[PDB]
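Contents of the following structure include amikacin.
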Amino acid sequence: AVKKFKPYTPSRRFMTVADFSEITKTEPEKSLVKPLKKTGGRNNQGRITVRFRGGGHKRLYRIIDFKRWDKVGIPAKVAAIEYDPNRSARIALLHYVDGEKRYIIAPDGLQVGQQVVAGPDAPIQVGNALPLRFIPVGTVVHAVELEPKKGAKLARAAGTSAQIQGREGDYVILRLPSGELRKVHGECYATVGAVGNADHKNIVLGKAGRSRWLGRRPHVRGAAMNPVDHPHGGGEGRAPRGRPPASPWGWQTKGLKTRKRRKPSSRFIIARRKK
Amino acid sequence: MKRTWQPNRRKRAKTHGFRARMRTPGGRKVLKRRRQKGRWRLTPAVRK
RNA sequence: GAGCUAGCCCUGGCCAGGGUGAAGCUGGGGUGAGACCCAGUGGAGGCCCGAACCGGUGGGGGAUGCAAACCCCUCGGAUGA
RNA sequence: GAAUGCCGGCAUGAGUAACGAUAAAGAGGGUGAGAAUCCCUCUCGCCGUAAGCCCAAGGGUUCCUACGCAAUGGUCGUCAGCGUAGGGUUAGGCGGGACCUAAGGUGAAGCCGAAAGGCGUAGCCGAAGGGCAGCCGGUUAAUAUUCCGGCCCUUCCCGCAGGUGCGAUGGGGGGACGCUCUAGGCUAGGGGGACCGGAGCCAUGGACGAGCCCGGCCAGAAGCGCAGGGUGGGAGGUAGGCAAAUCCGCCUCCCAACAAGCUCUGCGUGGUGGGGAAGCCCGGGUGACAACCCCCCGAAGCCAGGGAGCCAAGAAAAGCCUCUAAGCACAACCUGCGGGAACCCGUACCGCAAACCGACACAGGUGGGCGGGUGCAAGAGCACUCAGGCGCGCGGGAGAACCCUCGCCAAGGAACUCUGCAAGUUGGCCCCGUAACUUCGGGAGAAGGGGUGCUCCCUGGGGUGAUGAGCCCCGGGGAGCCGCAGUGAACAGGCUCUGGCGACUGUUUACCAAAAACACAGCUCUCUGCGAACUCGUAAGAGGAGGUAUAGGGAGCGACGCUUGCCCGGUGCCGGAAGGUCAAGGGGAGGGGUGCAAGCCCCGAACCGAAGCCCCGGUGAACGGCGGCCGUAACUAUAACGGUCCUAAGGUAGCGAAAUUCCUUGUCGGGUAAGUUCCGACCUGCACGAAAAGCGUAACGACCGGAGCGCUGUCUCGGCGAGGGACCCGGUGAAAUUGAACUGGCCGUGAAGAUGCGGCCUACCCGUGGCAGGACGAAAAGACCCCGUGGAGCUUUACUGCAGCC
RNA sequence: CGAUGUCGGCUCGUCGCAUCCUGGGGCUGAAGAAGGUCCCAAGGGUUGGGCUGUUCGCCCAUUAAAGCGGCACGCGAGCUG
RNA sequence: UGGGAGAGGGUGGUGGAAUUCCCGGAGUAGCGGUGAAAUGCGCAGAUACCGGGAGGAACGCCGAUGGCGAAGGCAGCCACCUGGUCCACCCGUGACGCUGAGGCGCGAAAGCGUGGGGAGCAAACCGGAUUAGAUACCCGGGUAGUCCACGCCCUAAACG
RNA sequence: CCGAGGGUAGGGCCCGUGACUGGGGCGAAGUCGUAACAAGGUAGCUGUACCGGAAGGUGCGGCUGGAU
Ligand SMILES: NCC[C@H](O)C(=O)N[C@@H]1C[C@H](N)[C@@H](O[C@H]2O[C@H](CN)[C@@H](O)[C@H](O)[C@H]2O)[C@H](O)[C@H]1O[C@H]1O[C@H](CO)[C@@H](O)[C@H](N)[C@H]1O
Ligand SMILES: NCC[C@H](O)C(=O)N[C@@H]1C[C@H](N)[C@@H](O[C@H]2O[C@H](CN)[C@@H](O)[C@H](O)[C@H]2O)[C@H](O)[C@H]1O[C@H]1O[C@H](CO)[C@@H](O)[C@H](N)[C@H]1O
Ligand SMILES: [Mg+2]
Ligand SMILES: [Mg+2]
Ligand SMILES: [Mg+2]
Ligand SMILES: [Mg+2]
Ligand SMILES: [Mg+2]
Ligand SMILES: [Mg+2]
Ligand SMILES: [Mg+2]
Ligand SMILES: [Mg+2]
Ligand SMILES: [Mg+2]
Ligand SMILES: [Mg+2]
Ligand SMILES: [Mg+2]
Ligand SMILES: [Mg+2]
Ligand SMILES: [Mg+2]
Ligand SMILES: [Mg+2]
Ligand SMILES: [Mg+2]
Ligand SMILES: [Mg+2]
Ligand SMILES: [Mg+2]
Ligand SMILES: [Mg+2]
Ligand SMILES: [Mg+2]
Ligand SMILES: [Mg+2]
Ligand SMILES: [Mg+2]
Ligand SMILES: [Mg+2]
Ligand SMILES: [Mg+2]
Ligand SMILES: [Mg+2]
Ligand SMILES: [Mg+2]
Ligand SMILES: [Mg+2]
Ligand SMILES: [Mg+2]
Ligand SMILES: [Mg+2]
Ligand SMILES: [Mg+2]
Ligand SMILES: [Mg+2]
Ligand SMILES: [Mg+2]
Ligand SMILES: [Mg+2]
Ligand SMILES: [Mg+2]
Ligand SMILES: [Mg+2]
Ligand SMILES: [Mg+2]
Ligand SMILES: [Mg+2]
Ligand SMILES: [Mg+2]
Ligand SMILES: [Mg+2]
Ligand SMILES: [Mg+2]
Ligand SMILES: [Mg+2]
Ligand SMILES: [Mg+2]
Ligand SMILES: [Mg+2]
Ligand SMILES: [Mg+2]
Ligand SMILES: [Mg+2]
Ligand SMILES: [Mg+2]
Ligand SMILES: [Mg+2]
Ligand SMILES: [Mg+2]
Ligand SMILES: [Mg+2]
Ligand SMILES: [Mg+2]
Ligand SMILES: [Mg+2]
Ligand SMILES: [Mg+2]
Ligand SMILES: [Mg+2]
Ligand SMILES: [Mg+2]
Ligand SMILES: [Mg+2]
Ligand SMILES: [Mg+2]
Ligand SMILES: [Mg+2]
Ligand SMILES: [Mg+2]
Ligand SMILES: [Mg+2]
Ligand SMILES: [Mg+2]
Ligand SMILES: [Mg+2]
Ligand SMILES: [Mg+2]
Ligand SMILES: [Mg+2]
Ligand SMILES: [Mg+2]
Ligand SMILES: [Mg+2]
Ligand SMILES: [Mg+2]
Ligand SMILES: [Mg+2]
Ligand SMILES: [Mg+2]
Ligand SMILES: [Mg+2]
Ligand SMILES: [Mg+2]
Ligand SMILES: [Mg+2]
Ligand SMILES: [Mg+2]
Ligand SMILES: [Mg+2]
Ligand SMILES: [Mg+2]
Ligand SMILES: [Mg+2]
Ligand SMILES: [Mg+2]
Ligand SMILES: [Mg+2]
Ligand SMILES: [Mg+2]
Ligand SMILES: [Mg+2]
Ligand SMILES: [Mg+2]
Ligand SMILES: [Mg+2]
Ligand SMILES: [Mg+2]
Ligand SMILES: [Mg+2]
Ligand SMILES: [Mg+2]
Ligand SMILES: [Mg+2]
Ligand SMILES: [Mg+2]
Ligand SMILES: [Mg+2]
Ligand SMILES: [Mg+2]
Ligand SMILES: [Mg+2]
Ligand SMILES: [Mg+2]
Ligand SMILES: [Mg+2]
Ligand SMILES: [Mg+2]
Ligand SMILES: [Mg+2]
Ligand SMILES: [Mg+2]
Ligand SMILES: [Mg+2]
Ligand SMILES: [Mg+2]
Ligand SMILES: [Mg+2]
Ligand SMILES: [Mg+2]
Ligand SMILES: [Mg+2]
Ligand SMILES: [Mg+2]
Ligand SMILES: [Mg+2]
Ligand SMILES: [Mg+2]
Ligand SMILES: [Mg+2]
Ligand SMILES: [Mg+2]
Ligand SMILES: [Mg+2]
Ligand SMILES: [Mg+2]
Ligand SMILES: [Mg+2]
Ligand SMILES: [Mg+2]
Ligand SMILES: [Mg+2]
Ligand SMILES: [Mg+2]
Ligand SMILES: [Mg+2]
Ligand SMILES: [Mg+2]
Ligand SMILES: [Mg+2]
Ligand SMILES: [Mg+2]
Ligand SMILES: [Mg+2]
Ligand SMILES: [Mg+2]
Ligand SMILES: [Mg+2]
Ligand SMILES: [Mg+2]
Ligand SMILES: [Mg+2]
Ligand SMILES: [Mg+2]
Ligand SMILES: [Mg+2]
Ligand SMILES: [Mg+2]
Ligand SMILES: [Mg+2]
Ligand SMILES: [Mg+2]
Ligand SMILES: [Mg+2]
Ligand SMILES: [Mg+2]
Ligand SMILES: [Mg+2]
Ligand SMILES: [Mg+2]
Ligand SMILES: [Mg+2]
Ligand SMILES: [Mg+2]
Ligand SMILES: [Mg+2]
Ligand SMILES: [Mg+2]
Ligand SMILES: [Mg+2]
Ligand SMILES: [Mg+2]
Ligand SMILES: [Mg+2]
Ligand SMILES: [Mg+2]
Ligand SMILES: [Mg+2]
Ligand SMILES: [Mg+2]
Ligand SMILES: [Mg+2]
Ligand SMILES: [Mg+2]
Ligand SMILES: [Mg+2]
Ligand SMILES: [Mg+2]
Ligand SMILES: [Mg+2]
Ligand SMILES: [Mg+2]
Ligand SMILES: [Mg+2]
Ligand SMILES: [Mg+2]
Ligand SMILES: [Mg+2]
Ligand SMILES: [Mg+2]
Ligand SMILES: [Mg+2]
Ligand SMILES: [Mg+2]
Ligand SMILES: [Mg+2]
Ligand SMILES: [Mg+2]
Ligand SMILES: [Mg+2]
Ligand SMILES: [Mg+2]
Ligand SMILES: [Mg+2]
Ligand SMILES: [Mg+2]
Ligand SMILES: [Mg+2]
Ligand SMILES: [Mg+2]
Ligand SMILES: [Mg+2]
Ligand SMILES: [Mg+2]
Ligand SMILES: [Mg+2]
Ligand SMILES: [Mg+2]
Ligand SMILES: [Mg+2]
Ligand SMILES: [Mg+2]
Ligand SMILES: [Mg+2]
Ligand SMILES: [Mg+2]
Ligand SMILES: [Mg+2]
Ligand SMILES: [Mg+2]
Ligand SMILES: [Mg+2]
Ligand SMILES: [Mg+2]
Ligand SMILES: [Mg+2]
Ligand SMILES: [Mg+2]
Ligand SMILES: [Mg+2]
Ligand SMILES: [Mg+2]
Ligand SMILES: [Mg+2]
Ligand SMILES: [Mg+2]
Ligand SMILES: [Mg+2]
Ligand SMILES: [Mg+2]
Ligand SMILES: [Mg+2]
Ligand SMILES: [Mg+2]
Ligand SMILES: [Mg+2]
Ligand SMILES: [Mg+2]
Ligand SMILES: [Mg+2]
Ligand SMILES: [Mg+2]
Ligand SMILES: [Mg+2]
Ligand SMILES: [Mg+2]
Ligand SMILES: [Mg+2]
Ligand SMILES: [Mg+2]
Ligand SMILES: [Mg+2]
Ligand SMILES: [Mg+2]
Ligand SMILES: [Mg+2]
Ligand SMILES: [Mg+2]
Ligand SMILES: [Mg+2]
Ligand SMILES: [Mg+2]
Ligand SMILES: [Mg+2]
Ligand SMILES: [Mg+2]
Ligand SMILES: [Mg+2]
Ligand SMILES: [Mg+2]
Ligand SMILES: [Mg+2]
Ligand SMILES: [Mg+2]
Ligand SMILES: [Mg+2]
Ligand SMILES: [Mg+2]
Ligand SMILES: [Mg+2]
Ligand SMILES: [Mg+2]
Ligand SMILES: [Mg+2]
Ligand SMILES: [Mg+2]
Ligand SMILES: [Mg+2]
Ligand SMILES: [Mg+2]
Ligand SMILES: [Mg+2]
Ligand SMILES: [Mg+2]
Ligand SMILES: [Mg+2]
Ligand SMILES: [Mg+2]
Ligand SMILES: [Mg+2]
Ligand SMILES: [Mg+2]
Ligand SMILES: [Mg+2]
Ligand SMILES: [Mg+2]
Ligand SMILES: [Mg+2]
Ligand SMILES: [Mg+2]
Ligand SMILES: [Mg+2]
Ligand SMILES: [Mg+2]
Ligand SMILES: [Mg+2]
Ligand SMILES: [Mg+2]
Ligand SMILES: [Mg+2]
Ligand SMILES: [Mg+2]
Ligand SMILES: [Mg+2]
Ligand SMILES: [Mg+2]
Ligand SMILES: [Mg+2]
Ligand SMILES: [Mg+2]
Ligand SMILES: [Mg+2]
Ligand SMILES: [Mg+2]
Ligand SMILES: [Mg+2]
Ligand SMILES: [Mg+2]
Ligand SMILES: [Mg+2]
Ligand SMILES: [Mg+2]
Ligand SMILES: [Mg+2]
Ligand SMILES: [Mg+2]
Ligand SMILES: [Mg+2]
Ligand SMILES: [Mg+2]
Ligand SMILES: [Mg+2]
Ligand SMILES: [Mg+2]
Ligand SMILES: [Mg+2]
């Protein structure tokens, strides 16, 4: 339930912060964090390979569990729901009856103090984790492995959720958050429910500074550059694109499809994305 | 105003020093060309 | 060759004083319960005034200079991108 | 003899500019061949959030002392950061190493690349971050937490005693964290004393005083006291912490919870050791048996790993603790005590500067800490001032024009000018009061106005203490005093109306542009199913991201409000298993060379044959485009209306003489005495128009217009004054420039602008201060223009390749 | 073209006369007053504002009049910009 | 107190028919549309037919001249939550009533803000016909919107 | 001290006037179409939205004040 501010500064007019209504614990689990090596967009050559990155807050990457088949049958308690600055979801702290402690990505509605579990015979309840083949058709689900035992790859951002459309041999048919219709293997695990903090998208960064705190540096239009810098560079005064709009490296950027044509995954995609 | 020589013993050694030269192939050619000319110092003098 | 300059990384440091007084909390009123209003408390902000510090707006001087970009008067920011 | 030739030497400009902040000098006495310049004394001025003090970096003997003055020193020099010589830097505790990790670097394994090399897990390196044991005083010409003295502490080795399952590079805890705000109690620091100690003082009209002037401390182990921090205890289970585990984690159970207890810090006290002024006397000696106490102010520092709130969610590893494993328990480890042991490097000096970076003893640049007192509301602001440090390494005169900085001005008050450029005005605090409009925050310090000092009296609340005194902090009321004036000095907004652009705070062309430009939250389009797209890379490998479509890339637009119309013919993109074209390859009708021949060899059509192109659709917040002529109303005029040609379609809303209007100072209205600007209008819009967004918009602006008030030396129109120069004298002494020069005016002539030719006129020889008309004055082999089959950046449906992609 | 700085303003002028004013004249469709037109005449004078970069021009208020030109569209080793 | 009817309201869930799209199969030369046609769709295999899948919306028969609500309005089915109302008995309280300026709340459709959703329908808009014209009536497309959550709007031939 | 009023500064209400601009009323015989009254030749009216030279058109809902 996103939170407004009164207009006591120009930026405060439109700014909205998260409500944090579902957060119980307010500091990470010292056993499950590590240092986040901020890169600022540079690669191992030292070269910016991703523009306009750097300078955001310091962060501690909480280790998240994406292979919940690690602990088949060992129930855990939902001990806390905490803020992860490295993603858009919240994370939940699990105290397994094993005594093991793990972070998972917090589905919507998950109740601190409830217990969760994982396995072929798990209950079809928010927070549990089963191979895809054992989840009812028509169930909303998240944290879906793309291949088996390779880790949760799909639907992990706030409010995302794949819905199960049906089965077809060793493969179930998922409707990804993009609207794509894909065949995923039935042995791929997945956490039933939708990822929480759906109000995430309704946030208004308010001002330029807030974007900086996220490590996002200012983004200069190609239209503002010179011909040496950009296809859209130059021009006396203003200027339309003057050619099909294009990236800094030449390739067109309106409509031009870029998925590799002969990709082997093509055999398992039923419908290219909607809308 | 601030000028361009801001001396620094550590920089001056990790940059132009002997060991820096011997790591590169280009650097060994430096010392080779400087021995050939007979330079008294093959390398900047820095006190450390 | 990044000891100048540009960006990012890691680790440290700095920002006199004064002003305004958001949310919240409390109390009071209010109503079926509310919204809400009032007072107090509170002390938010690329908020205000202003040194350090960072600037370089206007004008005068300087022009074989104090100086291969300086000096004086004025002026922008100064918890933040 | 010329190349703006090259190297050198010496001229000219010239005894000319200048001699580096306008903080400032004077005299006496010394030294010496020589003194404005060195030494000493007295007077004067300057800095004092420094122009004082302490670190760091960098510098590298510049430190101290003696002897020197050729050169360096912008003058002088007896002086010196200069020359010669001798001295000077002392550590188990300060810093760095024999400790730890950060980015990054490097790199057994492994990967990759013609070579050189590029990657890379561990590991190693890597500090101004983590960890770690010393405080005060004395001493030298020069070092001091280093030597010395007092009082403390750490680690290693061996031994004694006591205790215990001891044992780790492995397991666990901890280390260990942001920003803002902030409590209690302290300390640093400071103010006052009529209390304590002190050489003295009585001036010049008064004062022998509760007079003046100086000082009234510092460290410190155990113990103790005050303030804080950290911390539950027991038991049973146990499948997790990549072996084990009594530890940790998870579960249950009993007891204990603002506590207490144990533990750790800070402060205070504390054996004890130090220090100790003014003044006088020659750094010292005295003062002195110095005294060393009371009250107040009080941190941003300490207790600290304190508390609260917030969102953007805040290093690692070692030291340390605990768990066990091999092993070993004659061991080993813990504690206490004792003896011994404890290495390498730095330490001088400069350090906002004459010793560092700027070629200079250069008005520039340089990170951290301390930075006293009084007053002004506060403060690191401002004026004076302590400690301390300086008067800036040419001076003396004169009192011109002129220049810089500065002060004042009759009457007028923007009439100046491109422009109020500049300089006035305003200025702090308290109180009263404050409009349109608005996004209800604002606009707002709107505007405008009153007050401000000193004396006496009366009284209200707070902190300390004790509830009182004293100290200290906020106030209230009454009566008076003086001047031109009470933020009496210093620091400290001129205001308002109205448009353009841009929402806003931000960013920019280091060094002629700070803006209307870039950025920006926000809107749309599009790509991306994750070994993602995209980026760098030959590759490996990275970034993307330890992210996963509420995510990430690219593009345009740029808060917000109301909106964003019509065209898919062409271009781009998207879709289309048919058709057409299409290379290598398949096929091999059918020829050809050669051979006695089997054969060997060559050419080769039909037909099959991908992408791409053709072709069919789609698509505008994709590239883009959004007509012409003629006619028509019962005055005229103008056309709601029509006719026709063409297009893919003919510009909708809103706006408009505009940051766009050529004609144009359009026309009309407002403002003014007067208005090529401005504002409001109209609309034949040369040549607006809807995300290269359209029309608005409160607030914001060192943006660009226009206007009014205030006030002025901007101006009528100038005058006077101050200082620093210019001028004169002593000292030192440049520069560009320069064919040579014995270098006048006019009218002509001349390659067309003559000191230099002709004619005439004028003119004794040489300077100094001044002015800039000429020497087509200097400077720069014109930066505009052309030319060169000269170069380079950029573009594209110019050509031809190439990467990449299909 | 191995450089002759280019508009306008300001400051400083100086010359020409095809005379704007002032002085002397002739003719007039010159009654007077006041004009027209031409001749002589360069001694002196030839204002202050609004607008615009402007020169120029229009306008306000005056005036004896508000003259026109040349001097590298006079004058940037004089200033402005 | 004991009983009854009901599409009264809110939530959660769910069933079938139909249309559209998509995949498979079978199949060929037209389908569609109208007053008549054209646009459009279809040999790149449409329409008609069968199986499968996705999704949204509205609920045929019952259904009535019906029932409920203060009005606007409410219709598959199931459960929960909940308003009103009527009958019976004659038990309780004893005028506790009626109306109602302001206040407040509800208020069809369209419309607006932020998300979602989107099958059919359909302003705007395109095209085909008609026509003197046809910015219409008719035909083929078609975007808001129609649906959901939240919050506005407060109008009506809101009528008996 | 108060004090008529004078002055300075800023507000609120009303009146008059204003380039231009919006519709409105009225005025024998101007132009364009034919929306309504007959089922008015698409039943009409309606609230709302969008569109159009103009009456109006269309969408969604509502009324009969709709004929047969
Ligand atoms: N509008 C009503 C006319 C009335 O007569 C009046 O006095 N009208 C005007 C009243 C305005 N408040 C004044 O405007 C100006 O002065 C104010 C101070 N008084 C400023 O606050 C204001 O920021 C400024 O803008 C303006 O001065 C007055 O103008 C008058 O005085 C002028 C010179 O004296 C004259 O030129 C005017 N014609 C005459 O109107
Ligand atoms: N069949 C064709 C219609 C024709 O053209 C016609 O009648 N045309 C009408 C012509 C009349 N003369 C006009 O009336 C006005 O104009 C006159 C001037 N001539 C006046 O004197 C008269 O005093 C006045 O009255 C009137 O305005 C015209 O009517 C049109 O305009 C009127 C205003 O909207 C409407 O009410 C009519 N429905 C509409 O037809
Ligand atoms: Mg708020
Ligand atoms: Mg939350
Ligand atoms: Mg929370
Ligand atoms: Mg750890
Ligand atoms: Mg690397
Ligand atoms: Mg298989
Ligand atoms: Mg972005
Ligand atoms: Mg963006
Ligand atoms: Mg941008
Ligand atoms: Mg540009
Ligand atoms: Mg480049
Ligand atoms: Mg390009
Ligand atoms: Mg371009
Ligand atoms: Mg451009
Ligand atoms: Mg242009
Ligand atoms: Mg791909
Ligand atoms: Mg600078
Ligand atoms: Mg240099
Ligand atoms: Mg530096
Ligand atoms: Mg190597
Ligand atoms: Mg070298
Ligand atoms: Mg750098
Ligand atoms: Mg440096
Ligand atoms: Mg920091
Ligand atoms: Mg400081
Ligand atoms: Mg403060
Ligand atoms: Mg205030
Ligand atoms: Mg308060
Ligand atoms: Mg504050
Ligand atoms: Mg601020
Ligand atoms: Mg200052
Ligand atoms: Mg300046
Ligand atoms: Mg600067
Ligand atoms: Mg500048
Ligand atoms: Mg100058
Ligand atoms: Mg400020
Ligand atoms: Mg920051
Ligand atoms: Mg010769
Ligand atoms: Mg030369
Ligand atoms: Mg001389
Ligand atoms: Mg001379
Ligand atoms: Mg000097
Ligand atoms: Mg000089
Ligand atoms: Mg001087
Ligand atoms: Mg001086
Ligand atoms: Mg002598
Ligand atoms: Mg001197
Ligand atoms: Mg440095
Ligand atoms: Mg040196
Ligand atoms: Mg020394
Ligand atoms: Mg000498
Ligand atoms: Mg000498
Ligand atoms: Mg000599
Ligand atoms: Mg000398
Ligand atoms: Mg050793
Ligand atoms: Mg190490
Ligand atoms: Mg390497
Ligand atoms: Mg260290
Ligand atoms: Mg140490
Ligand atoms: Mg000696
Ligand atoms: Mg000692
Ligand atoms: Mg043990
Ligand atoms: Mg941590
Ligand atoms: Mg924060
Ligand atoms: Mg102390
Ligand atoms: Mg004090
Ligand atoms: Mg006496
Ligand atoms: Mg006495
Ligand atoms: Mg495990
Ligand atoms: Mg284990
Ligand atoms: Mg394992
Ligand atoms: Mg295990
Ligand atoms: Mg085990
Ligand atoms: Mg108990
Ligand atoms: Mg305790
Ligand atoms: Mg102590
Ligand atoms: Mg003695
Ligand atoms: Mg003694
Ligand atoms: Mg004595
Ligand atoms: Mg501080
Ligand atoms: Mg503090
Ligand atoms: Mg902690
Ligand atoms: Mg064992
Ligand atoms: Mg054993
Ligand atoms: Mg034994
Ligand atoms: Mg023990
Ligand atoms: Mg010992
Ligand atoms: Mg050693
Ligand atoms: Mg060494
Ligand atoms: Mg030393
Ligand atoms: Mg020093
Ligand atoms: Mg110093
Ligand atoms: Mg310093
Ligand atoms: Mg010095
Ligand atoms: Mg230097
Ligand atoms: Mg030097
Ligand atoms: Mg000097
Ligand atoms: Mg200096
Ligand atoms: Mg600086
Ligand atoms: Mg201080
Ligand atoms: Mg004080
Ligand atoms: Mg301080
Ligand atoms: Mg002193
Ligand atoms: Mg000194
Ligand atoms: Mg001087
Ligand atoms: Mg002069
Ligand atoms: Mg005056
Ligand atoms: Mg005046
Ligand atoms: Mg002007
Ligand atoms: Mg102006
Ligand atoms: Mg000014
Ligand atoms: Mg004023
Ligand atoms: Mg407000
Ligand atoms: Mg206000
Ligand atoms: Mg304003
Ligand atoms: Mg005021
Ligand atoms: Mg204002
Ligand atoms: Mg006063
Ligand atoms: Mg006073
Ligand atoms: Mg006084
Ligand atoms: Mg007390
Ligand atoms: Mg008096
Ligand atoms: Mg004052
Ligand atoms: Mg101010
Ligand atoms: Mg005004
Ligand atoms: Mg304009
Ligand atoms: Mg701006
Ligand atoms: Mg602001
Ligand atoms: Mg610049
Ligand atoms: Mg530059
Ligand atoms: Mg600016
Ligand atoms: Mg926007
Ligand atoms: Mg590449
Ligand atoms: Mg690769
Ligand atoms: Mg990663
Ligand atoms: Mg733009
Ligand atoms: Mg608005
Ligand atoms: Mg059309
Ligand atoms: Mg196309
Ligand atoms: Mg097409
Ligand atoms: Mg070929
Ligand atoms: Mg072929
Ligand atoms: Mg093909
Ligand atoms: Mg476009
Ligand atoms: Mg458009
Ligand atoms: Mg006519
Ligand atoms: Mg007629
Ligand atoms: Mg067409
Ligand atoms: Mg056009
Ligand atoms: Mg249109
Ligand atoms: Mg116009
Ligand atoms: Mg135009
Ligand atoms: Mg005009
Ligand atoms: Mg005009
Ligand atoms: Mg203008
Ligand atoms: Mg036109
Ligand atoms: Mg016109
Ligand atoms: Mg146009
Ligand atoms: Mg466009
Ligand atoms: Mg508005
Ligand atoms: Mg605006
Ligand atoms: Mg700004
Ligand atoms: Mg500005
Ligand atoms: Mg003057
Ligand atoms: Mg003048
Ligand atoms: Mg003077
Ligand atoms: Mg003189
Ligand atoms: Mg002289
Ligand atoms: Mg002569
Ligand atoms: Mg001639
Ligand atoms: Mg001549
Ligand atoms: Mg001459
Ligand atoms: Mg002279
Ligand atoms: Mg001259
Ligand atoms: Mg020359
Ligand atoms: Mg020249
Ligand atoms: Mg040339
Ligand atoms: Mg040109
Ligand atoms: Mg050629
Ligand atoms: Mg040619
Ligand atoms: Mg060429
Ligand atoms: Mg030339
Ligand atoms: Mg003028
Ligand atoms: Mg003048
Ligand atoms: Mg003359
Ligand atoms: Mg003439
Ligand atoms: Mg004449
Ligand atoms: Mg006659
Ligand atoms: Mg007469
Ligand atoms: Mg005549
Ligand atoms: Mg003459
Ligand atoms: Mg003329
Ligand atoms: Mg003109
Ligand atoms: Mg005219
Ligand atoms: Mg006359
Ligand atoms: Mg000319
Ligand atoms: Mg000229
Ligand atoms: Mg000039
Ligand atoms: Mg000029
Ligand atoms: Mg200028
Ligand atoms: Mg200029
Ligand atoms: Mg200019
Ligand atoms: Mg019952
Ligand atoms: Mg019942
Ligand atoms: Mg076929
Ligand atoms: Mg669904
Ligand atoms: Mg009924
Ligand atoms: Mg009965
Ligand atoms: Mg009965
Ligand atoms: Mg009865
Ligand atoms: Mg009864
Ligand atoms: Mg009764
Ligand atoms: Mg009764
Ligand atoms: Mg409604
Ligand atoms: Mg509706
Ligand atoms: Mg609308
Ligand atoms: Mg939406
Ligand atoms: Mg037609
Ligand atoms: Mg026709
Ligand atoms: Mg037509
Ligand atoms: Mg009809
Ligand atoms: Mg809409
Ligand atoms: Mg009704
Ligand atoms: Mg009815
Ligand atoms: Mg009165
Ligand atoms: Mg009066
Ligand atoms: Mg007034
Ligand atoms: Mg008539
Ligand atoms: Mg009709
Ligand atoms: Mg009709
Ligand atoms: Mg009809
Ligand atoms: Mg009818
Ligand atoms: Mg109707
Ligand atoms: Mg029309
Ligand atoms: Mg039309
Ligand atoms: Mg028409
Ligand atoms: Mg209608
Ligand atoms: Mg129509
Ligand atoms: Mg229509
Ligand atoms: Mg209807």
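Sequence lines set the chain letters: A, B, ... in the order given, protein chains first and strands last, and positions in each chain run from 1. Partial entry shown, contacts counted within. Header lists the method as X-ray crystallography, 2.9 Å. Read the numbers this way: they start at 1 and go in the same order the structure lists the ligands and their atoms. When reading the values below, keep in mind they use all heavy atoms of this one structure, side chains included, and skip hydrogens, waters and symmetry mates.
Looking across the whole structure, one can locate amikacin at ligands 1 and 2. Per the PDB entry, the macromolecule in most contact with amikacin (ligand 2) is 16S Ribosomal RNA. In contact with amikacin (ligand 2) at heavy-atom distances under 4.0 Å, by letter: G.
For amikacin (ligand 2), no covalent bond to a chain is modeled.
Residues in other chains coming within 4.0 Å of amikacin (ligand 2) by heavy atoms are G:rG27, G:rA28, G:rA29, G:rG30, G:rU31, G:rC32, G:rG33, G:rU34.
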